Engineer: 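Please take a look at this structure featuring fluorouracil.
We number chain A the same way the PDB entry does; the residues here are 1460-1821, in that order. All ligand and atom numbering here is 1-based and tracks the order in the structure.
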Amino acid sequence: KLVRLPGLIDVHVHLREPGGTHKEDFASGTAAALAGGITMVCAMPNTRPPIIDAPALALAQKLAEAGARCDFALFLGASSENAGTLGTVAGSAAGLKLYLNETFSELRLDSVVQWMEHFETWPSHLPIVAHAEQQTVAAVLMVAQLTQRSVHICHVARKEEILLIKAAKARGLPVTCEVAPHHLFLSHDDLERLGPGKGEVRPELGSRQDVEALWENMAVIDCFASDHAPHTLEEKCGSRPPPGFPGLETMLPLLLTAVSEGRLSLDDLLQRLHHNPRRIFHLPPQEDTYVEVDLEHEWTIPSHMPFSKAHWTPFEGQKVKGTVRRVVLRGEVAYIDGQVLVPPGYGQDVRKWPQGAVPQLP
Ligand SMILES: O=c1[nH]cc(F)c(=O)[nH]1
Ligand SMILES: [Zn+2]
Ligand SMILES: [Zn+2]
């Protein structure tokens, strides 16, 4: 029989609009979200132009309100120049994103003093999330401690990183983290199939011991989040391949397969794709919204899923069990067995809902 799930939330997607709309756009990316059982997305700021100032945020808001099919919030991006400038618009964003390592990003902050300046100037009650790999996780945690506030670590991929976060949580430090499906379901073993172009992602694919360590430390993982990072196959297979994988349409099917194999419970899944995203990012509930899944249907991931403009997937050939049958978003059928039924522009900026503002002391 079907199982009804609440509206799932992905706090880490790249929708590529503005400036990279051949890779994705709000319409195609949120179509891919609905097809993956996702009714609310938080979109990263590494677009063209990047969302690193009030005018770029206003532009992206309209673009999102016109093209998004599911609901959304938009990240602001930290830059080497905008610390202390974001106070009037900070509350309207999903949170502040820091790029602390090299990746598909023009926003790297090279001095730790720039990190501190952001942690000090960004309103302390609003989320800060970091792309922070290996020792950079410990470095950014230190900055959070010096500035006495929380931090959220994006796509944790390594035994090294999850064990460090585990030690920090055991000392009572306010740190949360997310893990992406490719770091749970792929590894070095797959680089031969993928090749060095397709296989290019940051954080890179881990060893089998990295993958095993994340599964063993499920209790340390607060959120699953796709880091949906679409690029075209041409780009992935070209001279300088940009890192990243598309993932909205495969994330939930992969995770449902793990559930059916007894590797985690349905509750563990709902904690990490609904409750914890809500509470870490202060995201509002979605009225009359739910996802119906079929845990019985077995299928094989094809060479590309229907909706993402990436038109490729590193999970090709994996056998999954579990499929999104229907999604209702705020009282409308949004998706059924491969058909997206709400138009571009149906989706709304949740930070403009009364319940979607982050509460704060006057
Ligand atoms: O972390 C990321 N890697 C690659 C990307 F294209 C992107 O948007 N984000
Ligand atoms: Zn990243
Ligand atoms: Zn990302």
Engineer: I need every copy of fluorouracil for my figure - which ligands or chains are they?
Structural biologist: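 You'll find it at ligand 1.
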Engineer: Okay, contact question: for fluorouracil (ligand 1), which chain racks up the most heavy-atom pairs under 4.5 Å? Name from the PDB entry, please.
Structural biologist: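 Its main partner is CAD protein.
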Engineer: Where's the contact between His1690 and fluorouracil (ligand 1), heavy-atom distance under 4.0 Å: side chain, backbone, both or neither?
Structural biologist: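 Side chain only; the backbone of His1690 stays clear of fluorouracil (ligand 1).
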Engineer: In fluorouracil (ligand 1), which numbered atoms sit nearer than 4.0 Å to a non-hydrogen atom of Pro1702?
Structural biologist: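 Once the distances to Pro1702 are compared, the set is 3 (N), 4 (C), 5 (C), 6 (F).
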Engineer: Provide the number and element of each atom of fluorouracil (ligand 1) under 4.0 Å from a heavy atom of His1473.
Structural biologist: 7 (C), 8 (O), 9 (N)
Engineer: Would you kindly specify which portion of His1471 sits under 4.0 Å from fluorouracil (ligand 1), judged on non-hydrogen atoms: side chain, backbone, both or neither?
Structural biologist: neither
Engineer: Show the atoms of fluorouracil (ligand 1) that are less than 4.0 angstrom away from any heavy atom in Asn1505.
Structural biologist: 7 (C), 8 (O), 9 (N)
Engineer: Report any other ligands and ions found less than 4.0 Å from fluorouracil (ligand 1), or state none.
Structural biologist: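 I count ligand 2 (zinc ion), ligand 3 (zinc ion).
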Engineer: In chain A, which residues that UniProt lists for (S)-dihydroorotate binding have any heavy atom less than 4.0 Å from fluorouracil (ligand 1)?
Structural biologist: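 By heavy atom, within 4.0 Å of fluorouracil (ligand 1), the UniProt hits are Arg1475, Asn1505, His1690, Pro1702.
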Engineer: Give the source organism of chain A as listed in the PDB entry.
Structural biologist: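 It's listed in the entry as Homo sapiens.
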Engineer: As deposited, does any covalent linkage tie fluorouracil (ligand 1) to a residue, and which atom would that be?
Structural biologist: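 Covalent bond target: none.
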Engineer: What Zn(2+)-binding residues, per UniProt, in chain A have a non-hydrogen atom within 4.0 Å of fluorouracil (ligand 1)?
Structural biologist: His1473, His1590, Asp1686
Engineer: Provide the number and element of each atom of fluorouracil (ligand 1) under 4.0 Å from a heavy atom of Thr1562.
Structural biologist: 1 (O), 2 (C), 3 (N), 4 (C)
Engineer: Distance to 0.1 Å, residue and atom name: give those for the protein heavy atom nearest to atom 5 (C) of fluorouracil (ligand 1).
Structural biologist: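 Ranked first by proximity to atom 5 (C) of fluorouracil (ligand 1) is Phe1563 CB, 3.2 Å.
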Engineer: Hey, which residues are hanging around fluorouracil (ligand 1) within 4.0 Å, heavy atoms only?
Structural biologist: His1473, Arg1475, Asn1505, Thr1562, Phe1563, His1590, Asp1686, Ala1688, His1690, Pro1702
Engineer: Which pairs of nitrogen or oxygen atoms, taken one from fluorouracil (ligand 1) and one from the protein, are under 3.5 angstrom apart?
Structural biologist:
| from | atom 1 | to | atom 2 | distance (Å) |
| --- | --- | --- | --- | --- |
| fluorouracil (ligand 1) | 3 (N) | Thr1562 | OG1 | 2.9 |
| fluorouracil (ligand 1) | 8 (O) | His1473 | ND1 | 2.7 |
| fluorouracil (ligand 1) | 8 (O) | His1473 | NE2 | 3.3 |
| fluorouracil (ligand 1) | 8 (O) | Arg1475 | NH1 | 2.6 |
| fluorouracil (ligand 1) | 8 (O) | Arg1475 | NH2 | 3.4 |
| fluorouracil (ligand 1) | 8 (O) | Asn1505 | ND2 | 2.8 |
| fluorouracil (ligand 1) | 9 (N) | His1473 | NE2 | 3.1 |

